[PDB]
J.: 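Structure of ifenprodil bound to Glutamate receptor ionotropic, NMDA 2B - open in front of me now.
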Amino acid sequence: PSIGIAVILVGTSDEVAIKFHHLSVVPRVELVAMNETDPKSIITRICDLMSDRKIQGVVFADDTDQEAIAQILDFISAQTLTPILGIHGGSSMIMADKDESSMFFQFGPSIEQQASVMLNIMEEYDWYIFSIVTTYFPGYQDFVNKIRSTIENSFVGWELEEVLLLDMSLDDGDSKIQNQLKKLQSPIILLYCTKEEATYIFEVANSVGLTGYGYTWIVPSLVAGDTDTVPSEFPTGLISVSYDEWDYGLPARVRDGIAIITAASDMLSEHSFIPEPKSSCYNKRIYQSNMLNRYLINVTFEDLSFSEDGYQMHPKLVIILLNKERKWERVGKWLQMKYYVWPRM
Amino acid sequence: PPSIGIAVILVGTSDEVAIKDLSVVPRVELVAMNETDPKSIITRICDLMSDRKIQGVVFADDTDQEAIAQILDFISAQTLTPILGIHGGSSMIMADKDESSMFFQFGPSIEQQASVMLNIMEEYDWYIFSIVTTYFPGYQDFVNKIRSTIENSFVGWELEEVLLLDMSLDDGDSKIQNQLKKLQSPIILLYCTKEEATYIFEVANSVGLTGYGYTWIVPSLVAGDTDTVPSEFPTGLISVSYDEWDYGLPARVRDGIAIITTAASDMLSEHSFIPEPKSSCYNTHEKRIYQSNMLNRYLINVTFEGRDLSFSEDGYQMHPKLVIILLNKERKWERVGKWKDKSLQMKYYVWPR
Amino acid sequence: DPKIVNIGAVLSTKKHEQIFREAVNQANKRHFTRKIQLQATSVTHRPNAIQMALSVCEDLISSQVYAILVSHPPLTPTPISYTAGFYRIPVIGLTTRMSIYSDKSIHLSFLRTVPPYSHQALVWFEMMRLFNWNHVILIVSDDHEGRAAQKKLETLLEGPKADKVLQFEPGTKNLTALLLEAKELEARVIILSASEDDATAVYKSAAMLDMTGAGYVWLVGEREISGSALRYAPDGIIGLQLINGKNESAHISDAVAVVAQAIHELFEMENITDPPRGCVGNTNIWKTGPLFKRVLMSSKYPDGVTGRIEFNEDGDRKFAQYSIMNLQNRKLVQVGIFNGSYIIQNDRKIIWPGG
Ligand SMILES: *[C@@H]1O[C@H](CO)[C@@H](O[C@@H]2O[C@H](CO)[C@@H](O[C@@H]3O[C@H](CO[C@H]4O[C@H](CO)[C@@H](O)[C@H](O)[C@@H]4O)[C@@H](O)[C@H](O[C@H]4O[C@H](CO)[C@@H](O)[C@H](O)[C@@H]4O)[C@@H]3O)[C@H](O)[C@H]2NC(C)=O)[C@H](O[C@H]2O[C@@H](C)[C@@H](O)[C@@H](O)[C@@H]2O)[C@H]1NC(C)=O
Ligand SMILES: C[C@@H]([C@H](O)c1ccc(O)cc1)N1CCC(Cc2ccccc2)CC1
Ligand SMILES: C[C@@H]([C@H](O)c1ccc(O)cc1)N1CCC(Cc2ccccc2)CC1
Ligand SMILES: *[C@@H]1O[C@H](CO)[C@@H](O)[C@H](O)[C@H]1NC(C)=O
Ligand SMILES: *[C@H]1O[C@H](CO)[C@@H](O)[C@H](O)[C@H]1NC(C)=O
Ligand SMILES: *[C@H]1O[C@H](CO)[C@@H](O)[C@H](O)[C@H]1NC(C)=O
Ligand SMILES: *[C@H]1O[C@H](CO)[C@@H](O)[C@H](O)[C@H]1NC(C)=O
Ligand SMILES: *[C@H]1O[C@H](CO)[C@@H](O)[C@H](O)[C@H]1NC(C)=O
Ligand code: NA
């Protein structure tokens, strides 16, 4: 049997480098290019590709740093009960609290694992004293609680000084944020927010003298984002946790995302059927189920499984340092660090 | 609560008034049907299915045509739609339904009727007998069910002959006659269709095997409609029968609608979904990656109003109430026994003449 | 004018429809047709079983066909058999070899001009006497076709004897278990009946257990040296191909000749009624159906393009001819034919497994 799979590619993409089945179904892949990334564009393109070929799944890659894409895909996925894999760019920026009916999964570590790593980098170089700074970006609570529950377990004698919550949904005329930042004493600051948010926070921090020697910021994957795009406001010496395009390229990912969806075999081989792709986005719900998820989650190819939360169980993480020459440099692997004495940055 | 379409198809003179009296709720629609050849039946169902969203089908007819059961089974398996043959030919037991059938029939299995027959024999100490069947599907189930009940009993059963009759050829070579003229037993179990039985009986009589000294016992589908008695049926004929007496059409349609509705309910409330009724028969080759037997597991085990209305996987009823009937001298079928729960209770101690 | 008697056919392509039309035209020419003359009526296969049944009714039975030729398209003959059998209008299968069509309970008026797979047992048996293989292990798939081949060969054996018959669940990919049970037995001749994909599973396991070399004989059917079953088949295997078994043109030619003969023989009798016109509202069998079947079943056509045409008791073709094929240096080589009743070895030498 044949199942249709749309691979959507936003912006620059080597479509030639991108292009088997012993399984019970065969992927009829179609490589689709999309120009814009606003809600209408993404919704309009996916719905129409569905009111054409019968799409059993979507594999989605963009170049942009727009973490909103993930949110737009979760919504589209939950509304049409179509599996969607966010494998690269904004679509892979971890989405916290995906919809219950969501069939959206992303390549990348959970917020909780990224926090687990950061404390590991910390233990490595004996950085036991710190602060946290989040905005309200979803997952901020996931982040803080994982840090807080880890410390309490520990005899390592951590000391969390301040935890700040920055409301980035208002303007900064009162210079409220400047004042919240002025409260920070600690030498290590863990920051959780979006890339575009971080660029603002850093500027305000460079103004209050918190970005030089003696203040080290550690930042999750979605802040670093695309490493070939470095905002001038990022403090030299920025430590991030990225999802490496260095050992796991787009074509590898895109192949693996088709191996995930081509799930369908498992469910066919056990229930002698697969869900009929939403002929349209103009609906008739007592008919569609969530059944495919159970299978999209346990795919073993050459262990590609997920959590029901929608993130990879076993992602390879590279620790990166933004250096003086202002390129992102690989200084660790997830924990094995290049350095034994942390260099002055 | 959401609504499932249930087509109820009535063939032949039927009282619709008397007839027309959970997480999901039934939207019944009574449809009449005039003909029972394959094109008429295939067509009426495929049309019914392309207008509404029929989730299940309740089928009753007023005939003695066992072919209807097979037509339905094929439809049910091709389109993956539940179909319930509750009455008539539609309920005449079909053996070896398709692997993917969702066809279920109100009536006793072939093997149970055969067991019931042996119970009747044991009661009146009729232990010596012979078997006659045609190739009608089920005949092996019938002959083997007898053979292994016999084999496993501390009772003096004696099976003298088993004849197999080929009704697909003409009988100008007098083959049937020359086989029949070999029977000696005073009891003869006949397994075949009603139309076949009337030919067999006509022949057995010409060979002196119908009268006194010879008792024929026959299954529900030979008796068929008890208000239609071929003249060639011998007086004194015994038959098992699904009790159309105390269990009338309007009751059966009731339970029909219940089973398709209960079943659907049970499956939304454990899977958060229900199989979507295919709107077309012309499209069932492509669309079949997306279709499933799934409702069978629920259709098979519905308790309703404190009655266990469940089915076997083979698609017959688990606990049919059966009546033993005897064809009298005035050629009307007379009730002479009941089979309840593996328990046979007869009317007479001494058998009637 | 003569009485026009329609014959029907469900065939593969419009080309084959034209062959059918032409075969009937020739039958008219070669027969005396003052009283009765044949007319050809045909369609090609429908995309699914329900549409096919309906086509039978609207296109064929609507024309009162006395019989319906049916081939395997390029979706089985089943809907055609059920619909036609509802009326007892005979069906002549031209190319299906599945054994299920030999079952009178399901296929009431079905005859075919090719033998069912299971009849390959007749050749194996003749092969066992010839090369004096008195002790054999039978391996069959546990489905209808596997069991048919077993019943059929056990019948011929009950001389040479089967030491054990092993059966395996179709679709099972590791048969090391099954095959180790047969390695432990003495007999080294192994007969296999399985679909293509199951033969592949057996051949692999067989090889990994090193049961495919010198000393071992493998005797097989057609499905087991076809398509994919060939990709992993051991060398020195002996297999079969039904000669003309796939020639729809040849079988149309022969079926029409047998049927024309039977029609004329039928009208030498009295009280022959016509078939029903159309399906709608007709629920009685064609009264002359069972007699037409009897005449067909006992038809005998000696000079057939596919050989000598007679039908056995199940309406299956008798006197079929087989190519005896041996896999040599990974090439299928004809080492002989079974000519209907006799094995005839040609000049090409059999290389056994090992050699
Ligand atoms: C498949 O292969 C088999 C075996 O080769 C073949 O059957 C034989 O066919 C031949 C030729 O038709 C038959 O022959 C004549 O034999 C008789 C007497 O035979 C008896 O002894 C032999 C040998 O021990 C036994 O096998 C028989 O059972 C008998 O007991 C002989 O008198 C005769 O001769 C006169 O006619 C000759 C020409 O026919 C002429 O040359 C001569 O001068 C005489 O006037 C023949 O030589 C032979 O008996 C068959 N053997 C067996 C075992 O049955 C199959 O052939 C037939 O199919 C079609 C094509 C026709 O040719 C039929 O007549 C054959 O019966 C062959 N099958 C197919 C499908 O080709
Ligand atoms: C509310 C923000 C958000 O999550 C956030 C951003 C920054 C923060 O500091 C805190 C929260 N989102 C809401 C949904 C928007 C995308 C979208 C559009 C149409 C339909 C479905 C989804 C993308 C922006
Ligand atoms: C073959 C006989 C049959 O079972 C039988 C009857 C008497 C016997 O002595 C032995 C067998 N059937 C075959 C199928 C026919 C129904 C049908 C038609 C079209 C499509 C699907 C189904 C109805 C009659
Ligand atoms: C098939 O049979 C026909 C006889 O009508 C013949 O003309 C043709 O050559 C044959 N084709 C094959 C495959 O031998
Ligand atoms: C990309 O596709 C869009 C949609 O047609 C089109 O408007 C735009 O000009 C295209 N740009 C490129 C890179 O060709
Ligand atoms: C995945 O998980 C199931 C359920 O726990 C487990 O039993 C099974 O071994 C796994 N399935 C696969 C693809 O091996
Ligand atoms: C079918 O026949 C019956 C009996 O005469 C008739 O009452 C009924 O109306 C017919 N069907 C239609 C659509 O008229
Ligand atoms: C069928 O339904 C009953 C009643 O709820 C359930 O308890 C039972 O598990 C089912 N019976 C079968 C088929 O095992
Ligand atoms: Na037959």
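The order of the sequence lines fixes the chain letters, beginning with A. Just so it is clear, chain A uses the PDB entry numbers, and the residues here are 33-51, 59-301, 303-323, 327-345, 348-379, 384-394, in order. We number chain B the same way the PDB entry does; the residues here are 32-52, 62-393, in that order. The numbering of chain C matches the PDB entry: 23-96, 102-185, 209-405, in order. Order of appearance sets the numbers: ligands from 1, and atoms from 1 within every ligand. Values reported hereafter were calculated over all heavy atoms of this structure, with side chains retained and with hydrogens, waters and symmetry mates removed.
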J.: In terms of chains or ligands, where should one look for ifenprodil?
T.: ligands 2 and 3
J.: Heavy-atom contacts under 4.0 Å: which other chains make them with ifenprodil (ligand 2)?
T.: A
J.: Within 4.0 Å of ifenprodil (ligand 2), heavy atoms only, which residues of other chains turn up?
T.: A:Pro78, A:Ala107, A:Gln110, A:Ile111, A:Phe114, A:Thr174, A:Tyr175, A:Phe176, A:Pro177, A:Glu236
J.: What residue and atom, counting heavy atoms only, is the protein's closest point to atom 19 (C) of ifenprodil (ligand 2), and at what distance?
T.: A:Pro78 CB, 4.1 Å
J.: Considering both backbone and side-chain atoms of A:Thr233, is one of its nitrogen or oxygen atoms within less than 3.5 Å of a nitrogen or oxygen in ifenprodil (ligand 2)?
T.: no
J.: Check ifenprodil (ligand 2) against A:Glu236 and write out every atom of the ligand that is under 4.0 Å from a heavy-atom position of the residue.
T.: 7 (C), 8 (C), 9 (O)
J.: Among all protein heavy atoms, pick the one closest to atom 11 (C) of ifenprodil (ligand 2) and tell me residue, atom and distance.
T.: A:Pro177 CD, 3.6 Å
J.: At a 4.0 Å threshold, what atoms of ifenprodil (ligand 2) neighbour a non-hydrogen atom of A:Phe114?
T.: 20 (C), 21 (C)
J.: What residue and heavy atom of the protein are closest to atom 17 (C) of ifenprodil (ligand 2), and at what distance?
T.: A:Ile111 CG1, 3.6 Å
J.: Check the entry and name the source organism of chain A.
T.: Rattus norvegicus
J.: At what distance is the nearest protein heavy atom to atom 13 (C) of ifenprodil (ligand 2), and which residue and atom is it?
T.: A:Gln110 OE1, 3.5 Å
J.: Could you find the nearest protein heavy atom to atom 10 (C) of ifenprodil (ligand 2) and give me its residue, atom name and distance?
T.: A:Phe176 CA, 3.4 Å
J.: Under 4.0 Å and counting heavy atoms only, is there anything from the protein next to atom 8 (C) of ifenprodil (ligand 2)?
T.: yes
